[PDB]
J.: 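For discussion: a PDB structure holding methazolamide.
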Amino acid sequence: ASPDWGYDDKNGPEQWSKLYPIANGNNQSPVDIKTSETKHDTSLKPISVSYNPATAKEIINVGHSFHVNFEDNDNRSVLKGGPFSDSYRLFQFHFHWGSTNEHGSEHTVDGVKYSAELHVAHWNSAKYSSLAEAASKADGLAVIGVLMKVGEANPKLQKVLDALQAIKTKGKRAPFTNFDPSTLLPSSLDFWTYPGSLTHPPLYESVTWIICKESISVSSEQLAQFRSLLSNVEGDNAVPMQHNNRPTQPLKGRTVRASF
Ligand SMILES: CC(=O)/N=c1\sc(S(N)(=O)=O)nn1C
Ligand SMILES: [Zn+2]
């Protein structure tokens, strides 16, 4: 239980349950969003993101992916509105991609898989005292997912792509400062929401998902750069981060609410 899970045949998503029984839970993520079955909730408020760029701290290779971490000792960068009554503190953003540029997202819409997906995660600092605590509670986290569709290159990604040079292998880290992740969100913030979980181990069912209706672009060459990062530690044989997406999971009676 100290660790070893992956995205390969051997320790991949279809095997995770032998180690983490919650993989077969009732609130697993991601899911397929059937637009004809969502329900308009008039109580939903517009989402309000207020991030401080000086809160950007570092970028690190974690082997299965890379994370962009933020200082979360204060409420300098918060997520408000939507379905929530309390403020959520920003802590990180990361991406998910596939082995092909066409299909790599986690969530799907009407049975359609996007190229990639951006996740902006927050934790309930109004209720818990640390991310470690919140991480396992039902109302513990809030993640904004933004679907990515291959086409024209997205210049808003450049600073992230540039930083990838310094964290080529697992365990490498570098300072990553003065950046506001809201610059990556689509122009409209109409969304879908549903209760779910972390999409990789530990798979806790502690996330309130916010999926933006509108997608963002990325070219195939930008994606190729994600796919060029290595999962091995410095000095060993090269093993590229080919994919890190989980298949969609049974909805099991949950409701996907729409803000429109
Ligand atoms: C604590 C935490 O943020 N964990 C993560 S965030 C995450 S995700 N992909 O955003 O659902 N998956 N996991 C394992
Ligand atoms: Zn994620």
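Here chain A follows the PDB entry, giving residues 1-260 in order. Counting convention: from 1, in listed order, for ligands and their atoms alike. Quick note: numbers below take in every heavy atom, side chains included, and nothing from hydrogens, waters or symmetry partners.
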J.: I need every copy of methazolamide for my figure - which ligands or chains are they?
T.: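 The drug sits at ligand 1.
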J.: Name, as the PDB entry does, the macromolecule that methazolamide contacts most in this entry.
T.: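 The chain with most contacts is carbonic anhydrase I.
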J.: Just which atoms of methazolamide are under 4.0 Å from any heavy atom in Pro201?
T.: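 Going through methazolamide atom by atom, the ones under 4.0 Å from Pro201 are 14 (C).
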J.: Determine whether any heavy atom of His94 lies closer than 4.0 Å to an atom of methazolamide.
T.: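 The answer is yes: methazolamide sits under 4.0 Å from a heavy atom of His94.
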J.: Are any of the heavy atoms in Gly145 under 4.0 Å away from methazolamide?
T.: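 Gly145: no contact with methazolamide (<4.0 Å).
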J.: May I ask you to identify, for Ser29, whether its side chain, its backbone, both or neither come under 4.0 Å of methazolamide on a heavy-atom basis?
T.: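 Neither; no heavy atom under 4.0 Å.
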J.: Provide the UniProt domain of chain A home to most residues in contact with methazolamide.
T.: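 Chiefly UniProt domain Alpha-carbonic anhydrase.
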J.: Is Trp209 near methazolamide, meaning one of its heavy atoms is under 4.0 Å from it?
T.: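 Flag set, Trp209 near methazolamide.
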J.: Among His96, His200, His122, which residue places a heavy atom closest to atom 14 (C) of methazolamide?
T.: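 The option holding the nearest heavy atom is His200.
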J.: Considering only heavy atoms, which residue marked active site by UniProt in chain A comes closest to methazolamide, and how close, to 1 Å?
T.: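 Per UniProt, closest by heavy-atom distance: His64, 6 Å.
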J.: Check the entry and name the source organism of chain A.
T.: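 It's listed in the entry as Homo sapiens.
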J.: Quick check, please: with a 4.0 Å heavy-atom cut-off, which UniProt substrate-binding residues in chain A are near methazolamide?
T.: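 Of the UniProt binders, a heavy atom is that close in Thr199, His200.
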J.: Using heavy atoms and a threshold below 4.0 Å, how should the contact between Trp123 and methazolamide be classified: side chain, backbone, both, or neither?
T.: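 Within the 4.0 Å criterion, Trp123 makes no contact with methazolamide.
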J.: How far is atom 5 (C) of methazolamide from its nearest protein heavy atom, and which residue and atom is that?
T.: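 Heavy-atom neighbour on the protein nearest atom 5 (C) of methazolamide: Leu198 CD2, 3.4 Å.
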J.: For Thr199, is the nearest heavy atom under 4.0 Å from an atom of methazolamide?
T.: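 Distance cut 4.0 Å: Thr199 passes for methazolamide.
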J.: What protein heavy atom is closest to atom 3 (O) of methazolamide, reported as residue, atom name and distance in Å?
T.: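 Here the closest protein heavy atom is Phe91 CZ, 3.3 Å.
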J.: Give me the UniProt-annotated Zn(2+)-binding residues in chain A that sit with a heavy atom under 4.0 Å from methazolamide.
T.: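 Heavy-atom check against UniProt gives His94, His96, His119, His200.
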J.: How many other ligands or ions sit closer than 4.0 Å to methazolamide, and what are they?
T.: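 That comes to ligand 2 (zinc ion).
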J.: Which residues and nucleotides contact methazolamide at a heavy-atom distance below 4.0 Å?
T.: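 Counting heavy atoms, the site comprises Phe91, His94, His96, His119, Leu198, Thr199, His200, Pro201, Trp209.
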